[PDB]
Structures are given as C-alpha cells and as structure tokens.
**Student:** 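Sharing a structure: paromomycin in complex with ribosomal RNA 18S.
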Amino acid sequence: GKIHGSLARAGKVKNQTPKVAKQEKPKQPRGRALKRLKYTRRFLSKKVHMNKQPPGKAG
Amino acid sequence: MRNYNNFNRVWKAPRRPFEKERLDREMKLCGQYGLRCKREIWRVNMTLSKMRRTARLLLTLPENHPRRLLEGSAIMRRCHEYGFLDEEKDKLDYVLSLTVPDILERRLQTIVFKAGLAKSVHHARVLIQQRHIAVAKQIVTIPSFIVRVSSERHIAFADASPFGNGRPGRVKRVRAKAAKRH
Amino acid sequence: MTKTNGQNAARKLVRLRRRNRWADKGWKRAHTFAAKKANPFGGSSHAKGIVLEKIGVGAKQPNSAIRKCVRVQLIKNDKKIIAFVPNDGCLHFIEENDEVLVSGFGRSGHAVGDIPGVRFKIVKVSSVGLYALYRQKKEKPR
RNA sequence: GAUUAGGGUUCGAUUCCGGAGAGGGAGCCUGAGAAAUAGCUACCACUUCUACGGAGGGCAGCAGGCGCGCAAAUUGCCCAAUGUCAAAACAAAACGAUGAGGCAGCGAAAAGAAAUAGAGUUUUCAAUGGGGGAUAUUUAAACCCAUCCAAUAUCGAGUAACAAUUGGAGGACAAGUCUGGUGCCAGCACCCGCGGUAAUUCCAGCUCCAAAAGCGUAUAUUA
RNA sequence: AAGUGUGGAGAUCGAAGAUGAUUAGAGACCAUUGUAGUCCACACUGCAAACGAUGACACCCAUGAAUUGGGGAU
RNA sequence: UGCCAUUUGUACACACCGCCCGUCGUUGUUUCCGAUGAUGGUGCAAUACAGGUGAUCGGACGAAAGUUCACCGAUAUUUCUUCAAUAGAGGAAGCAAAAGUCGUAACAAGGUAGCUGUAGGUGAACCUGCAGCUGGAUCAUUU
RNA sequence: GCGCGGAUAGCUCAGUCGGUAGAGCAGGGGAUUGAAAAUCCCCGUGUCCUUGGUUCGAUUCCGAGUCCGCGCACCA
RNA sequence: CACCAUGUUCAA
Ligand SMILES: NC[C@@H]1O[C@H](O[C@H]2[C@@H](O)[C@H](O[C@@H]3[C@@H](O)[C@H](N)C[C@H](N)[C@H]3O[C@H]3O[C@H](CO)[C@@H](O)[C@H](O)[C@H]3N)O[C@@H]2CO)[C@H](N)[C@@H](O)[C@@H]1O
Ligand SMILES: NC[C@@H]1O[C@H](O[C@H]2[C@@H](O)[C@H](O[C@@H]3[C@@H](O)[C@H](N)C[C@H](N)[C@H]3O[C@H]3O[C@H](CO)[C@@H](O)[C@H](O)[C@H]3N)O[C@@H]2CO)[C@H](N)[C@@H](O)[C@@H]1O
Ligand SMILES: NC[C@@H]1O[C@H](O[C@H]2[C@@H](O)[C@H](O[C@@H]3[C@@H](O)[C@H](N)C[C@H](N)[C@H]3O[C@H]3O[C@H](CO)[C@@H](O)[C@H](O)[C@H]3N)O[C@@H]2CO)[C@H](N)[C@@H](O)[C@@H]1O
Ligand SMILES: [Mg+2]
Ligand SMILES: [Mg+2]
Ligand SMILES: [Mg+2]
Ligand SMILES: [Mg+2]
Ligand SMILES: [Mg+2]
Ligand SMILES: [Mg+2]
Ligand SMILES: [Mg+2]
Ligand SMILES: [Mg+2]
Ligand SMILES: [Mg+2]
Ligand SMILES: [Mg+2]
C-alpha cells in the first residue's frame, strides 16, 4: 500500500534492541582533578585526533 | 522584600562556545594554574576587561584632566599593589597590555607554588582549602585570593596547622587513639 | 531618491517610520492582538490539554515515515490542536483522556521540519515528565 | 532594569516617590484632615447563625483555604533591633500595643565563594572537610555561621561505597572512517539533512567532547 | 483599448453563435460566415507591459559622426 | 534516422525519457459568507426610585418619631448605539499530505511567440476579439 | 395501511426454474526493484434469515416470518 | 508551415 508505517509499530526498534548493560569502570576524578587528567593526556603526553579509533571495516 | 543588599555578576560566558583556538588556550590555563572550571578563567577575563576598558577611557581624556589624575592614579595604584605591574610600569598604557596569566600569577594558589610551600600547583590548592596557609597570621582558605605585593613576605604555614606549630592532624590523631585503647 | 533632510522635518520622519514598522513581521506580531487571540496558547507557553485521539501523520517528501502524535484539547480555552510525541515508543505512555503538558517546539509556532501541520509538542503526561518516562527515571501514576 | 561603539531597541504589577481602590456603585457622620471601609446608611451580586421572631458578612493586612492556571511558600517565633501611636524613660509588688517590621521554615528565581583529593618509593606516608558533638558561642529564644577535638582530660575517609551530572560526537559547532541492532520501519534532525540489509546522524555498549552543582527544553525580549 | 447609457451610422474586419475541416477528442488554431462591437455625437468608467519595467527640480561631468527648430558669422 | 561543429533561445542539470499547469477524486486542517440562535460589558436618556443632605413643619419626653419640598443618587426596567466574544442547515476560498483520474497550458519559434489591460466563451489547464508591450524569435537594408 | 420486492467470505456481489457454492478486494508469503509503488503467482476462504412441506438433498421450489426498500386509500 | 500527446516515488 501507500503507507508502510502504523501506530501499532510504535517503539519497534527500542523493544528489539538487544539490551546490553554498562560495565563496572571505577570512577574518574571529579572537579579540579578531572581537569588535571584532561590536561596531562592532551598536552604533557604527546592533526591531533582526540578520539582515534582502531581500524574497522573501512580500513 | 524591603532588602537593599546588592549583588552583581562577576563572570561572563564567551560568545561562540566552540572555538578550537580558545578551547585549547583555556585548557592550558586550567592546567598551568590548577583551576577547577572554565568559569574561574572567565572572571579573570571580566576583571581584566574592566581594567582594560577604564584605562582606555582615561586615554581619551587629556592629561591634566580631573578624571585622569584622580582615578588614573588609582588604577596604576592597584596594579602596583597586587603585583599586576612592576614599579617601572607607570605610564597607564601598561594596563592595556595586561594578560590573563598576569592576573593568575597573583592567586594564592600560584604564590604558594612559587614561594616553595608546595610541590605542585594542585598541592597548593589542597593546602589552602585545608587551612594550612596564613597570609598575615590569617588563615586564608580561598584559592582565588589575590595576594598583594606586601603580603608576599608573610605567607607561611598557619600557626594552628599541623604543618606549622599546631596539633597533629587526623591520621596521626586517630592512630594515637588506636594505640591508646591497647 | 530616498529620504528627507531639513532641520524642521522631524514630524515627517516620525510619521514615515511608524507606518513602515507595520511591514516588519516581528514588529507587527509584537504590536497587534491577533497574535495572541489566535495563538492556541494564550500568549503563553506550555498549555495543558486532554488527549482526545491518536494520529499518525505521514512525513513530507523526501522523508517517509508516519509521525506518532496526539490530538489534544486545551483546558484554558478549549482549542483543539495536534501535538507531536517525541521519542521511540511514547504513545505507549499516552492513553486517551490523559492530561498532557504541551509546549511548542522550535520555531515560534512554525512546524519543525518533517512533520506537516504539527507545531506543538508533548512535554509531560499525567503530571509526570514524558522524557523521564522514556529514560525510565520514573513511571506513570495509577 | 535588560542590552548597547555611536545612534538606539525594549521592560517597569514589584521595595523609594506620587496617584487610585478596598466585592461593585453611591451617600454621609465625626474630626484639624476621610467622601474612611479591621466607620456608618442604602441598593445590587454572592453570603453566615437562628429557638424563624431575628442577627450578621467584606483577607487587593499577615498566615493559610478552594478555585483558576504554564506559573509562586509556614493557619511558624518575637517586639531584641528599625519605627509609629500615646496619658508613656528605665527600674521598683510594677515587662504598653503592634502579622508595620524583624527572625526562622519552605525556596536550583538570580547572584558570590567553593569539595569530590594531594605527595612519594605494585606499595606506603600525610592531610581536612561533609558529618557527629561541646566548658561553650551566637540568638529576644533557638538556628546558621565561627571556633574547637584537650586547656589535666574530647569522634572520625579509603572501592576515600562519603561513588557527578546534563546534553552531544556528519556540518555550523568542540569531539569516533569503533562494535552490536533495526532496514525510508522505528525513530533522529532548531536548519542542512539521516534511515530503502556494510547508518560518521536512529536504538544501544565502549571511548571521547563541552559546560559542570549544574545542564537540557519551551515562550517572550535585547544584541 | 475593451465596456456602459441615449441617439445616429452600419462599408470592412469581427468577441458570442453557426457551419466546414484537422484531431484520439477540438468546446482551439485553419476555411466560410456572423451578433455585440469597430465609426460619430453627448454622458459614464478610470481597470494597461499607462514602459525607459527608471519620481520631480537643480548641480558637476571626457570624446567623435550625425539630426530637428531658432539665432549669429562668410 | 542519427552524429559533429558554429549561432541563438531555455523555467532543463541523473539534463526533453527533462521540467511543469489547472479541474477532478481521497484525507486533515484555518478562514470567510449565511436564514436563524445567542453572551458579556460600556455609553446614551427614559421613567420608577432605596437611602441620605438641606429646608419646612412637628413637638412625644431644649428636643426624638413623623409631615412636606428641593438636591446628591444607588439600584430596577426599557429604548437604540457601541465594543469583545459565540452556535448554524447550506454555500465557498485557501493550505497541507509516497507513487489515483483527465488533458497538456507554460519553458525551445514548447510546436498557434509569450505576456498586460478588457470583454465574452468554455470539463480543466485555457481559447477568442480589440488596443498595448518585448521581458521577441528582429538593435539592420529606397543614402 | 395493505401489496410488489432483496439478504451468498472482513465487506461488496453473480446464480442450473426444483443435484451442494464464483470471483475480487482486504489479509500472510514469494517473484520484481537500489528499496518502494504498481504488476504477476500462490495461499484464508462464504452452515446462504428461521425453517418447514422435505425431489435422491432446499442455496437453487413454494408458502409462513426478522431484516431493508417500493406500488397505492377518508367524503363533497 | 498535414498530424506528432505523455513518461510513477525517493535515491545515485
Ligand atoms: N528556538 C528556541 C530557543 O530556545 C532558547 O531557550 C533557552 C535555551 O535553549 C538556551 O540555553 C542555552 C543552551 O542551549 C546553550 N547550549 C548554552 C547557553 N548557555 C544556554 O543559555 C542559557 O544557559 C545559561 C547558563 O550558562 C544562562 O546563563 C543563560 O541566561 C541561558 N540563556 O537559553 C535559553 C534560556 O532558557 C530561547 N529562550 C528561545 O528564544 C529560542 O527561540
Ligand atoms: N460549518 C459549516 C460546515 O461546512 C462544511 O463544508 C466543508 C466542506 O464543504 C468544505 O470542503 C473543504 C474545502 O474547503 C477544501 N477546499 C478542501 C477540503 N478537503 C474540504 O474539507 C472537507 O472535505 C474533506 C473530504 O474530502 C474532509 O476530509 C474534510 O474534513 C472536510 N473539512 O470545508 C468545509 C469544512 O472545512 C459542510 N458544508 C457542513 O459541515 C457545514 O456546512
Ligand atoms: N495544496 C493547495 C493547492 O493544491 C492544488 O494541487 C493539489 C492537488 O490538486 C494536487 O493533486 C496531485 C496531482 O497533481 C497529481 N495528479 C496526483 C497527485 N497524487 C496529487 O497529489 C495530492 O494527492 C495525494 C493523495 O492522493 C497526496 O499525497 C499529495 O500530497 C497531494 N499532492 O496536489 C496538490 C496538493 O498539494 C494546486 N495545484 C496547488 O496550487 C496548491 O498546492
Ligand atoms: Mg584547624
Ligand atoms: Mg506606594
Ligand atoms: Mg453591581
Ligand atoms: Mg493573603
Ligand atoms: Mg553501524
Ligand atoms: Mg551513539
Ligand atoms: Mg488544419
Ligand atoms: Mg468575414
Ligand atoms: Mg515530453
Ligand atoms: Mg495523463
């Protein structure tokens, strides 16, 4: 038919999302010490890619 | 309702919140001076902006004008008093050349790092806020305390601090209780 | 060929400007009263209404979906409007005869892009926030 | 007041000044001053008690109540201060009244200051708040803050579990050619656009970015 | 210009309409006609691509053919 | 039937197998007209008129009750005006939505050059008459 | 008021004058497509008011009776 | 100067 969506299909993708849970991951420092952690990695530990990702299916 | 106590704002957020040149300078200023947030930089912007604006109004005024002799000798006085300008700089054109790291060097977090009372600039901010530094036998717990020139001689440990001449702090004292029950 | 000088020509310039400000669609909307008397919200924000029925509004070209939205009838002035329900799901949190807190969305009543003829938005259903129900901060009463 | 190079554009129910009103509308008395309303008379609209004969009401005072709405707190303590009134200083058997006005409770309207760690050789050493409490101090009385863990003699961080969040990662606009799912569906997207079985944009996990005790959104309004 | 009113005029072209034809259809173009109109008088209308898509009045402004009317030299 | 070059026009750009216009169907929306229905205030001025104020009498026990008249005037009711809201059979206009129908009007000399005004005709884009315009498909041909 | 008339899938509807049921759309899956729309194939499928008299059996016959339309009436 | 009307939706 002309329309392929319905009100009955509401929340289709969010229901069938496989429901992964977050992992443990101990807390980062907060406040002034988190700015210390930002500064030491992007400056003291030497384009600059802030989030370089490992190679995937694009190459 | 009938309360006339006044209050204003001391900082201002920048136009253009994502400038890659500006965001890189301010992360250097949060690292080189041990700052909590970008807002502590932004009041140092507004503090210096107001000095840079009044001193630029007074140069529109001629010399031997009443608002430039008075109140132009006030803004050169508070630069010399707080260490913003050394005593050679007396012409009022040097207030227009002040920078944000010229003001951030005068914070009590920086002098306690520069005088030698702490290993790092993040050691200094802890020891101020944990009541160890007295400026004139006055325990100052504010890191944004702008130290005057005459106050530099008298920064030391507090007389009530365990690092000075006071009683020993918590980890010795709660251990001295545990050795007492035995 | 444009305007007048003259040291005594200020009444001409004051009259000239007050008529040409009516051509400004921001000045004219801020100074006429068809702006609020036809606004379904009473010149305000976030008006409450009662859900009447659920509608699937099909998206405009080149997009193709049906947008899940309710038709609500406001309480302050009894005006029927159609308002969008934002997120994946979220008509499962709305039943008929529910009180909903409806804001506009975006563009001062000018129908944010894909959805045709819908210019309001559900914020809060049954006095609990609709985005809090989506992220499951809390759940519906009764 | 907000914004503003300059010229401006807006907001001003709201603390100070003035004007007006006390449910609507009149009309008066008394007084130096009222067309007074915690004064009177009447009508209109609502309205409470009655033993049915009758008698009363006026929170745009302060607390509250119901409605109305997108939308705004305690039926709190006190005259200690600021004042007003007045036959009146305080004290002495012997404390003038004050919902003016203070004070506290609620209170992320908006503003200041600021923790959530430091230091060193897997492994230790020091710190001091949040918080418990006082010979007490504040206070009218409490509260708070401030001071303190012996002055002969005062509790306490480790996963410091005493655990930061809110929005994003195609572009503007700072930051992933990562992995799983769905397959023009579900949804996202202010705008441009994403999604049609290899999604830089959806739903999620990771990892980053931004601001941070804050941060989204909506409607007004200035640039 | 079309249009309207009242009188004239009514040659030609001709909205409407009528016949032919073309066409899948032809309510169109093309052919033959033909009413109102076209033309005049007196009224009315005031709707144009009423254009140079360029408001009016002054000022300054380089060059070479021309052109229309007036004036002056030979 | 095609291809290549030059000139020119174009609203075309996955490029004429392009683009595109109106009527008609379906769905949803906001206005307007409309017999009739109806609401809240103003103003206007008309009577009736509560109370009071002043006056005149009164004088129970100087001075109450009460007369009478004037004035200020609430309220009630009616008459039109005016502002703001509102129901309506029916009749329309507009807008918005994934791929329904009919033609093909425009864009090329778009196959009758387009377009302005006006007048009349038509399912519908539109055609036709008259005078204009080039924004034309001609800046040009008795020197 | 009487008479003429019609009820068969989710809906709509054709019937051999008295031997048992036709499609189509709506539905679920494929072919097709770059995904769709159209299009083609294949699949679920209608105890026929209620029933009687019962032709070997009433859907198909006739008459009773829900349903829903149509022809026609005081008397001067 | 006979006639010569049209090509669904996104996307590449
Ligand atoms: N189209 C909707 C838009 O939403 C806006 O609404 C609001 C927000 O979207 C917007 O918030 C922005 C935020 O988006 C943006 N990322 C950063 C910015 N600082 C925020 O601004 C807000 O937050 C700061 C706190 O720092 C406040 O000081 C500031 O006054 C406030 N405007 O500021 C507005 C205040 O709530 C406009 N009100 C509206 O006119 C506009 O049309
Ligand atoms: N209150 C007056 C009512 O107007 C009605 O008239 C309605 C229609 O005649 C008229 O038709 C509109 C039309 O304006 C517009 N041009 C197109 C639109 N589709 C139509 O809409 C109408 O018809 C469609 C059905 O196709 C419906 O879906 C739609 O809800 C309905 N409003 O719009 C009117 C409502 O918007 C009826 N005559 C009747 O209910 C009554 O007269
Ligand atoms: N919308 C207001 C007006 O509608 C008219 O046109 C409208 C319709 O006549 C026109 O109809 C078109 C039609 O052109 C074409 N032949 C077929 C197409 N399916 C129709 O489309 C219409 O109908 C379908 C639903 O049937 C809708 O999904 C679609 O959005 C809508 N355009 O679509 C337009 C609706 O947007 C005027 N042409 C136009 O001026 C104006 O847009
Ligand atoms: Mg201490
Ligand atoms: Mg006042
Ligand atoms: Mg009244
Ligand atoms: Mg109150
Ligand atoms: Mg992916
Ligand atoms: Mg993600
Ligand atoms: Mg021919
Ligand atoms: Mg002829
Ligand atoms: Mg074609
Ligand atoms: Mg066709």
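Residue numbers start from 1 in every chain, and the chains themselves are labelled A, B, ... in the order their sequence lines are given, proteins ahead of strands. Both counts, for ligands and for their atoms, begin at 1 and track the order of listing. Side chains included, hydrogens not; waters and symmetry mates left out as well; all remaining heavy atoms used. The structure has been trimmed to a portion of the entry, and contacts are counted only among what remains.
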**Student:** Name each chain or ligand corresponding to paromomycin, including duplicates.
**Tutor:**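 It sits at ligands 1, 2 and 3.
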**Student:** Judged by heavy atoms, which other chains are less than 4.0 Å from paromomycin (ligand 3)?
**Tutor:**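 Within the heavy-atom cut-off of 4.0 Å: F.
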**Student:** Which residues in other chains are near paromomycin (ligand 3), meaning a non-hydrogen atom under 4.0 Å away?
**Tutor:**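 At that heavy-atom cut-off, the residues are F:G22, F:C24, F:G25, F:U26, F:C95, F:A96, F:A97, F:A98, F:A99, F:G100, F:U101.
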**Student:** Out of curiosity, what organism is attached to RNA chain F in the PDB?
**Tutor:**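 Per the PDB entry, it is Leishmania donovani.
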